[PDB]
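Below is Bifunctional dihydrofolate reductase-thymidylate synthase with cycloguanil bound.
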Amino acid sequence: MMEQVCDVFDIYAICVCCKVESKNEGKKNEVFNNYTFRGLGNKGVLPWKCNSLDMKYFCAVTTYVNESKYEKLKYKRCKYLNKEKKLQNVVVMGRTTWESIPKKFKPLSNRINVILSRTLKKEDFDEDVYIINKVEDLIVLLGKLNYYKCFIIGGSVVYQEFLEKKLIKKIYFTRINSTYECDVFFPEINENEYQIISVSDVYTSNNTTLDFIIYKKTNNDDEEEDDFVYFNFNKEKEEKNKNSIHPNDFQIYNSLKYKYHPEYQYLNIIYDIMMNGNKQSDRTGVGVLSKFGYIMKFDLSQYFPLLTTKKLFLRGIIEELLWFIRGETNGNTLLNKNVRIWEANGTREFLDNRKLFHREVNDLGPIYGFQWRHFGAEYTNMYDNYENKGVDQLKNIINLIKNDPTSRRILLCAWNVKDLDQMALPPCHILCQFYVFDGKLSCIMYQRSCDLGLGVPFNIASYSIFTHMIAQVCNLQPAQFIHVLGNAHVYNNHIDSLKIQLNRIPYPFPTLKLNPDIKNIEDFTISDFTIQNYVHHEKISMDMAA
Amino acid sequence: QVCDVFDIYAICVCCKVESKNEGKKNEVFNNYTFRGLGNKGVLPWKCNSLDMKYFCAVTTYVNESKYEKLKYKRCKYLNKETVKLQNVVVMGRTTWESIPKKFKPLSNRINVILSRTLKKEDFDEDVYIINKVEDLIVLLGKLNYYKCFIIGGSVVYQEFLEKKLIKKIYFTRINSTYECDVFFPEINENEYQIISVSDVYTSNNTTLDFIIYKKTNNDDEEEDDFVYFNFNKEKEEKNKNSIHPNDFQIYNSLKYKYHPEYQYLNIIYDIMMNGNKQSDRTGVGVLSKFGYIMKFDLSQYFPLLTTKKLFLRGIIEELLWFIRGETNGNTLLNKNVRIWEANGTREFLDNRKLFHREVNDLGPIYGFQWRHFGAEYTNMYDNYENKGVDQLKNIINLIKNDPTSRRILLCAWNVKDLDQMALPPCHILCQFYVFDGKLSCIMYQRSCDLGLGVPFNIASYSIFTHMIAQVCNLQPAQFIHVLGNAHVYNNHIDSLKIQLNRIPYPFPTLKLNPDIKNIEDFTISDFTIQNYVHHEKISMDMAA
Ligand SMILES: NC(=O)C1=CN([C@@H]2O[C@H](COP(=O)(O)OP(=O)(O)OC[C@H]3O[C@@H](n4cnc5c(N)ncnc54)[C@H](OP(=O)(O)O)[C@@H]3O)[C@@H](O)[C@H]2O)C=CC1
Ligand SMILES: NC(=O)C1=CN([C@@H]2O[C@H](COP(=O)(O)OP(=O)(O)OC[C@H]3O[C@@H](n4cnc5c(N)ncnc54)[C@H](OP(=O)(O)O)[C@@H]3O)[C@@H](O)[C@H]2O)C=CC1
Ligand SMILES: O=c1ccn([C@H]2C[C@H](O)[C@@H](COP(=O)(O)O)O2)c(=O)[nH]1
Ligand SMILES: O=c1ccn([C@H]2C[C@H](O)[C@@H](COP(=O)(O)O)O2)c(=O)[nH]1
Ligand SMILES: CC1(C)N=C(N)N=C(N)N1c1ccc(Cl)cc1
Ligand SMILES: CC1(C)N=C(N)N=C(N)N1c1ccc(Cl)cc1
């Protein structure tokens, strides 16, 4: 039992890193990895001006102490040293870091401040702080103090040396998802030395998304708890596919303690379907694992929910969206933009098997577009006018949001029962419902059929984008985008690729920027959309057929 | 010097009692309703597999790493010594008598008989016995067991309860009536309270649940990480100051709330605590949230709220009315189902700008869309036979001929006809799922009045799910309820508060006349609710 020093004295490291401004000239396809976030400082200060949320997080971690837990800690440290006034944490920093703290904040409040330095000695300081000219001295000092936990708070030189010596039990690492000029960086973490064990929710602060992750040092009333064991007596049956699906293939996924990154709502569903889904076979013979009824919520005010565990592009879906909004049903419009989302559903073969023998190739019929702007009108062909015919649902919801915010009747429905058979294929996205409160807009979209491996990722982006669009032209701030899944399935084809995916740890979501000028839902164009700071894993082919 | 030191618990199971004076239908319910213990030496009900599995699992469960605190507390308070640990099972001679030779003594349990004339000389060397109750305390203070369970019988429970010798009461509730001669003592809610309520199940043609009575007292690594991650969350709740949590004494006092009704209850609570203040189309007030989802296992129970009284004749007729495709308000009014009365009046119709609609002619609503979606609506008396898309007929054929179709939807939100309706439908659609001979249904509701509507809405679609499943030779599975704009009218706040503190009873069951195989052939007499035990009716608008 070779007791590790970082465990005895509970020495942790907490930092924050942004993306480095390194030259990515040559390939528009930038590769990403955890080492993407490593910019620590610039010209003696932080690359970014400031970050309120990160600061709030920092303050909360380094000042929180658990009185009751100290009792044990003391025993631990004493026996390690063979030994038998409000509790505070210790914060240790390089001299350069200390000299960057504004005088009105020196020393860090409610914390025992320790400073590393050779050029300066205690006489050179006016504040209540401890000065040490060597690492070993820290261990000595900790042995003589009464503290909860000890946090190494920078800078690069200090993080560097504490990591080599393996004196860090954990690393509270903040990932600022934006680029800035840097001259100082955090050391490249060794994945065989440190593994991520927790990922936080994603937030926005000072014009940038960010999350919090925790790296751990890689290995190598009490009675009411029994009423629980009793209450779980009938949980006799477990995962029907656990055999066909070996949890051992989700090593990383199951090794994570806290999985709060919103992307996990998508990822956990994939897991649930794989571990408990029912085996079924759809129309062509392809098999699937299925479950019924799920709900996912994304905070569009905090980030754009574009999956990061694989690569996605949105040009196509944005064009589809603009295509929907124009009321179009002409598949060629999309194909002339090299968007093939609908190409397969408009062929001669496809149309004929739908019994649409009298439908021109690529004329998709009364689908989404047609329903949003002309529900109820008799469809003729994709070239017809239809001006002022049928119900313009889109304009209606826009007016309801503007003039009757609290209405509980703001829905956009595509499932026109009468037109179903005339459609190339019935709509998957049945309807959208909006909610308005305190100047914010939320949207609920009900999806009847859901291809988790290929479809859902794009669907989430589509409606999140749509919500931003409606909210803007109605002079509102987008809030939540609720996604309700009906028949949720995973095609057998996608399993091996999804297993890979579930083992990738999410990156902080990127953000969506809309041209602020656009004021009418119809005046948007492809160039009015900007997806910024999209950090993602390499793309995957859900289908590995060759 | 209490009854908590030795950890003496009591575990039982009581059914409902019969009465050749009253019959089968009951009127006023309370915890004492469940008290049937035994009949003619045996249990009132033949055998209940799930309860037996429950019992055998509790009185056999052991936690060696937890015996620490007891050896300490037990010997340390007797001021004496201790004199693969198992549990103890104390019973009456008769209780032990009824047990069959095969399963006697009770496997893996320290059997003990509190008999008077029992010749210990004729029992095992491990089958302890005692002459007086007081004698139990001794044997225990001399043994090294994990826990002591009083498993009966009737007389044995009484004596122990009176002596305040019970720490907790594991009470199984069989929501079914039987002939009885012995009963459990009326529990005094002043000296005993309920802490946890389990999920409801169906076993041996009867629903049942497990509740726990607790005698009123009157690593750390990731643990901290949990705190850092909640560093930005809100200290208090939006309307916490408005609606005081202390008013939910019972609701909070509960540790485990696995009864399905909590899915509904927890939402009432969530909207009350975190709901946004908002004014609606009425001028009245509401607290509202957006997007919830409830799931009910229709194979284990009928989710008819028990924390208040609900009637269903009306909603069933409405359902039959939809199936017929009617839009005629009078039909319902002549049966005294006034669910749509306010929506069919001259004024209401005129406010909807429907100046040319006959009174009670609700227009192309639910029923019309279900059987004639697309047909031109004329008046409520017209013949629409074979006009418009008959969705109802279509989904049933889809279920029967192509169960794995993901296009099985019944949609009532016909955009083209919205303004012609007295009012837009709240229940936008139903989607069906079929697996291994089981039918599941999701119903999306755009507007949810949690205090008055939602409760009935849950009953309707559950009933509908059974109906559909039966005419398709399928068994019902889950009823999934998706709420969009979920709200609580301010006027209901006081009643819901009262409702939130009531503990749900084990749900009742729904029985349909099995002969009915066509969705169009149901009639009111084909529906029967069984064993509906509920708390008294509550005026949602307590405001008088
Ligand atoms: N992104 C983040 O999370 C953080 C960023 N920063 C940023 O990083 C920069 C500062 O980092 P950096 O330049 O590496 O400087 P440091 O803050 O790490 O300080 C290095 C100095 O501290 C003293 N020191 C360090 N180790 C020892 C030792 N073992 N023994 C004796 N003295 C020691 C010495 O100072 P002396 O010269 O007196 O001998 C040394 O020159 C700034 O730009 C700041 O904004 C700082 C903290 C966190
Ligand atoms: N629902 C449930 O959880 C349970 C239901 N039951 C049912 O209830 C019935 C049996 O219960 P019950 O009638 O009370 O019979 P009991 O099992 O409780 O046994 C009563 C007898 O045990 C002895 N005894 C009990 N208390 C004392 C005491 N304080 N001091 C000395 N001797 C004592 C005496 O036997 P002796 O004749 O030797 O003097 C007494 O006549 C059956 O119909 C059975 O099916 C039984 C257990 C549990
Ligand atoms: O936006 C979309 C459109 C389609 N699909 C998937 C779901 C099904 O796998 C297939 C359509 O088949 P049906 O549901 O119609 O049977 O396409 C999605 O996931 N998202
Ligand atoms: O089956 C029903 C029918 C109606 N309502 C409620 C929802 C709203 O409170 C009101 C309808 O008004 P609007 O939401 O359409 O405005 O009735 C229900 O909860 N369930
Ligand atoms: C607040 C900040 C930037 N944020 C994080 N996550 N970690 C640190 N060590 N920080 C830090 C704290 C104190 C000083 Cl003086 C410098 C940087
Ligand atoms: C198994 C059963 C019916 N079930 C419960 N919940 N409680 C008891 N005390 N039981 C019982 C245990 C032993 C004997 Cl002999 C009779 C009934």
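Order of the sequence lines sets the chain letters (A, B, ...), proteins ahead of strands, with each chain counted from 1. Values below: all heavy atoms of this structure, side chains included; hydrogens, waters and symmetry mates excluded. When the header is checked for method, it gives X-ray crystallography, 2.7 Å. For ligands, and for the atoms within them, numbers begin at 1 and follow the listed sequence.
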Ligand numbers or chain letters for cycloguanil: ligands 5 and 6
Other chains with a heavy atom closer than 4.0 Å to cycloguanil (ligand 6): which ones? B
Cycloguanil (ligand 6) binding site (4.0 Å, heavy atoms): B/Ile11, B/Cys12, B/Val13, B/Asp51, B/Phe55, B/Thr95, B/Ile99, B/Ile151, B/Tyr157, B/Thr172
